[PDB]
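Position 1 is the first residue of the sequence; numbering continues from there. These numbers come from the heavy atoms of this one structure, side chains and all, not from hydrogens, waters or symmetry mates. Order of appearance sets the numbers: ligands from 1, and atoms from 1 within every ligand. Structure method, as recorded: X-ray crystallography, 2.5 Å.
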Amino acid sequence: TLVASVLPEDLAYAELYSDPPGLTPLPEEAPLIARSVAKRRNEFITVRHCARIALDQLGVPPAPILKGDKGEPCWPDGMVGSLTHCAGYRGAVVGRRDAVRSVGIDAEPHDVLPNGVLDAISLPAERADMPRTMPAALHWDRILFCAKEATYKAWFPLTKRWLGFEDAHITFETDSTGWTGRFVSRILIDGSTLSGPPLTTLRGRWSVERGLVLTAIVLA
Ligand SMILES: Cc1nc(=O)c2cc(CN(C)c3ccc(C(=O)N[C@@H](CCC(=O)O)C(=O)O)s3)ccc2[nH]1
């Protein structure tokens, strides 16, 4: 699997590269996408079908995955997880809370960012430092965006505070293979959590594979 490249008996994952036809949401999930468009409908369903494959293999029976604070996914009790999707990928990674404090993942196509995006999602330092050490064959701007989204998704559940794109400083290192590596996200705002020790440094992994950028953060 692709997501295995960016992950370190309490963690499961599942991914699919297309929308399997005929899949249907759970009954009390249905009103969430009654008015949604077809393309949104498919990835809503496919990613929750991936989520329940992983959740079942952690002895958790299928349960509805609703959306809460700023659309945040909701999980069965004692559970945490993360959902992601893009043009050719649907994936979920889930974990039990005591072993996994939080999960954050993202998947993106390995293409240049649309015009004007690199500036909103990034700091003057990240833009000077990343081109010095990232391999020439990589879209460091897109990989930066993927790492940014994977950080807020792992950050937000533990603080329920909004993490702007310029409240996190991400530094990258490239593994000797050249297409994979890992990063450190440093929080520039208060790291007060609702529970647990403060959180200011998040370590995650990044990978480029099959034309796709994958990132994941697992906070033990
Ligand atoms: C810049 C920024 N900072 C934040 O802290 C932030 C927080 C949220 C709230 N949050 C934590 C989430 C909202 C949506 C999620 C998610 O995992 N979406 C999946 C599945 C969506 C679905 O099918 O319902 C996805 O992107 O596919 S996670 C959303 C955008 C943010 N953006």
Write down the drug found at ligand 1. raltitrexed
Main binding partner of raltitrexed (ligand 1) (name per UniProt): 4'-phosphopantetheinyl transferase PptT
Counting each atom of raltitrexed (ligand 1) from 1 as listed, which ones have a heavy atom of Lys67 under 4.0 Å away? 21 (C), 22 (C), 24 (O)
OK, so UniProt lists some Mg(2+)-binding residues in chain A. Which of them have a heavy atom under 4.0 Å from raltitrexed (ligand 1)? none
Identify the protein heavy atom lying closest to atom 30 (C) of raltitrexed (ligand 1), giving its residue, its atom name and the separation to 0.1 Å. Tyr152 CE1, 3.6 Å
Atom 32 (N) of raltitrexed (ligand 1) [closest protein heavy-atom partner, distance rounded to 0.1 Å]: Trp162 CH2, 3.3 Å
Check whether any N or O atom of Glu43, backbone or side chain, sits under 3.5 Å from an N or O atom of raltitrexed (ligand 1), and answer yes or no. no
Tell me the nearest of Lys153, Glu149, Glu29 to atom 16 (C) of raltitrexed (ligand 1), using heavy-atom distances. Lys153
Heavy-atom contacts with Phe165 under 4.0 Å: which atoms of raltitrexed (ligand 1) show up? List them by number with element. 1 (C)
Taking a heavy-atom cut-off of 4.0 Å, which of the residues UniProt lists as CoA-binding in chain A lie that close to raltitrexed (ligand 1)? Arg40, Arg48, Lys67, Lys70, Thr84, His85, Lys153, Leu163
So which protein heavy atom does atom 20 (C) of raltitrexed (ligand 1) come closest to, and at what separation? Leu83 CB, 3.6 Å
Report the organism recorded for chain A in the deposit. Mycobacterium tuberculosis
Against heavy atoms of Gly71, which atoms of raltitrexed (ligand 1) measure under 4.0 Å? 13 (C), 14 (C)
Heavy-atom gap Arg40 to raltitrexed (ligand 1) smaller than 4.0 Å: yes
Enumerated raltitrexed (ligand 1) atoms positioned under 4.0 Å from heavy atoms of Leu163: 1 (C), 2 (C), 3 (N), 4 (C), 5 (O)
Pick whichever of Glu72, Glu166, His85 has a heavy atom sitting closest to atom 10 (N) of raltitrexed (ligand 1). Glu72
Interfacing atoms of raltitrexed (ligand 1) (cut-off 4.0 Å, heavy-atom, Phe156): 11 (C)
In terms of atom number and element, which parts of raltitrexed (ligand 1) are under 4.0 angstrom from non-hydrogen atoms of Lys70? 9 (C), 13 (C)
Part of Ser82 with heavy atoms under 4.0 Å of raltitrexed (ligand 1), whether side chain, backbone, both or neither: neither
Find all atoms of raltitrexed (ligand 1) within a distance of less than 4.0 Å from any non-hydrogen atom belonging to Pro73, and give their numbers and elements. 15 (C), 16 (C), 17 (O), 28 (S)
For raltitrexed (ligand 1), which residues in other chains have any heavy atom nearer than 4.0 Å? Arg40, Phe44, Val47, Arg48, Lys67, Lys70, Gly71, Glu72, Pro73, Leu83, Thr84, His85, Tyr152, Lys153, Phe156, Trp162, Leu163, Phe165
